[PDB]
Amino acid sequence: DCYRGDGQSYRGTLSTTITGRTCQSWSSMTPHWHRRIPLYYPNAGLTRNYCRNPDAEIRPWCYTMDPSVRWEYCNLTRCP
Amino acid sequence: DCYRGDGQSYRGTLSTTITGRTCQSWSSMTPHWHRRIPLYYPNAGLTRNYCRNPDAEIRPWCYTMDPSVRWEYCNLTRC
Amino acid sequence: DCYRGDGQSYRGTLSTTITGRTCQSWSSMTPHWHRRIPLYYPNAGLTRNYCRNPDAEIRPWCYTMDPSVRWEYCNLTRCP
Ligand SMILES: O=C(O)[C@@H](Cc1cccc(CN(Cc2cccc(C[C@H](C(=O)O)[C@H]3CCNC3)c2)Cc2cccc(C[C@H](C(=O)O)[C@H]3CCNC3)c2)c1)[C@H]1CCNC1
């Protein structure tokens, strides 16, 4: 599994961060309250807890299930 | 008056930061808008402007009344 | 074109950050959702996308048109 460019187009199902943490669901505010919700980013594919890039970071990312770690990049490599 | 561990259990009355600033009230959104509110933290004892640790910081903290400084650790020692 | 004190009083028309990005409009909620609007800061001169200091930063600042970069200080030096 891989991403192209900055990964805004990435629509895979990876839900694990670079440090092995589980992604938080985009539709949950727990443990991290956020504004990266389907209502505000309807074309960004904010499904379940999948790694995404709704706000033009360098690569796909997610909020994490670890209360002490708000968000991280995903364990995902750049495409050949 | 002191905290144990990471101070998630702290329920004392200290309301002052490690720089001497006064804590903002948890129920207040001014000068700092936030979501450390009883709705998302029912167990956290978020009362008045008391130093608390709802969200697993390393020690009790509060939003500060200084508009320049969003939040700081509290002037509290470990038991 | 410069700021006095920490620039709370500043009402010039600069709309460019330190890294040369352009300010988002204060009334606009896109790309960054925020609280710094005419309602919650009534005397701050939150007009168009002009560099302001309503919330007691060290210097005037703005939210940026870059969706990733939330806010930056403006390219404005202090008055001599
Ligand atoms: O992470 C994000 O969601 C995204 C960035 C983002 C977007 C929108 C708003 C924020 C800011 N929030 C906190 C916050 C709320 C109100 C106001 C501010 C500060 C102001 C502002 O940024 O509007 C500035 C403006 C100029 N001087 C102050 C900050 C972020 C926030 C939201 C919830 C909790 C915290 C951390 C806690 C807090 O500050 O509660 C601290 C408090 C102690 N424990 C943790 C921080 C951040 C990134 C994710 C990947 N892409 C970008």
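Order of the sequence lines sets the chain letters (A, B, ...), proteins ahead of strands, with each chain counted from 1. Indexing begins at 1, ligand by ligand and atom by atom, following the structure's order.
The chain with the most heavy-atom contacts to ligand 1 in this structure is named in the PDB entry as Apolipoprotein(a).
Among the choices irinotecan, venetoclax, muvalaplin, adagrasib, the one modelled at ligand 1 is muvalaplin.
Every other chain with a heavy atom under 4.0 Å from muvalaplin (ligand 1) is listed here: A, B, C. Counting only non-hydrogen atoms, the option in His32(A), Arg36(B), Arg35(B), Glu57(C) that gets closest to atom 34 (C) of muvalaplin (ligand 1) is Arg36(B). In the candidate list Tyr63(B), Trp71(C), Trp71(B), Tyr63(B) is nearest to atom 40 (O) of muvalaplin (ligand 1), counting heavy atoms. For muvalaplin (ligand 1), one of its N or O atoms has an N or O atom of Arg70(C) under 3.5 Å away. In the candidate list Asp55(B), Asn53(C), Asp55(C), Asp55(A), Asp55(C) is nearest to atom 28 (C) of muvalaplin (ligand 1), counting heavy atoms. Distances below 4.0 Å separate heavy atoms of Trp33(B) from the following atoms of muvalaplin (ligand 1): 15 (C), 16 (C). Distances from atom 42 (C) of muvalaplin (ligand 1) to the protein include at least one heavy-atom value under 4.0 Å. Mapped onto UniProt domains, the residues of chain B touching muvalaplin (ligand 1) mostly lie in Kringle 13.
Atom 12 (N) of muvalaplin (ligand 1) is never approached by the protein to below 4.0 angstrom, counting heavy atoms only. At a 4.0 Å heavy-atom cut-off, muvalaplin (ligand 1) touches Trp61(C) through the side chain alone. Residues of other chains with a heavy atom under 4.0 Å from muvalaplin (ligand 1): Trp33(A), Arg36(A), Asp55(A), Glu57(A), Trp61(A), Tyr63(A), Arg70(A), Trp71(A), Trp33(B), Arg36(B), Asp55(B), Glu57(B), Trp61(B), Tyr63(B), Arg70(B), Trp71(B), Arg36(C), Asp55(C), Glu57(C), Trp61(C), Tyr63(C), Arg70(C), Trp71(C).
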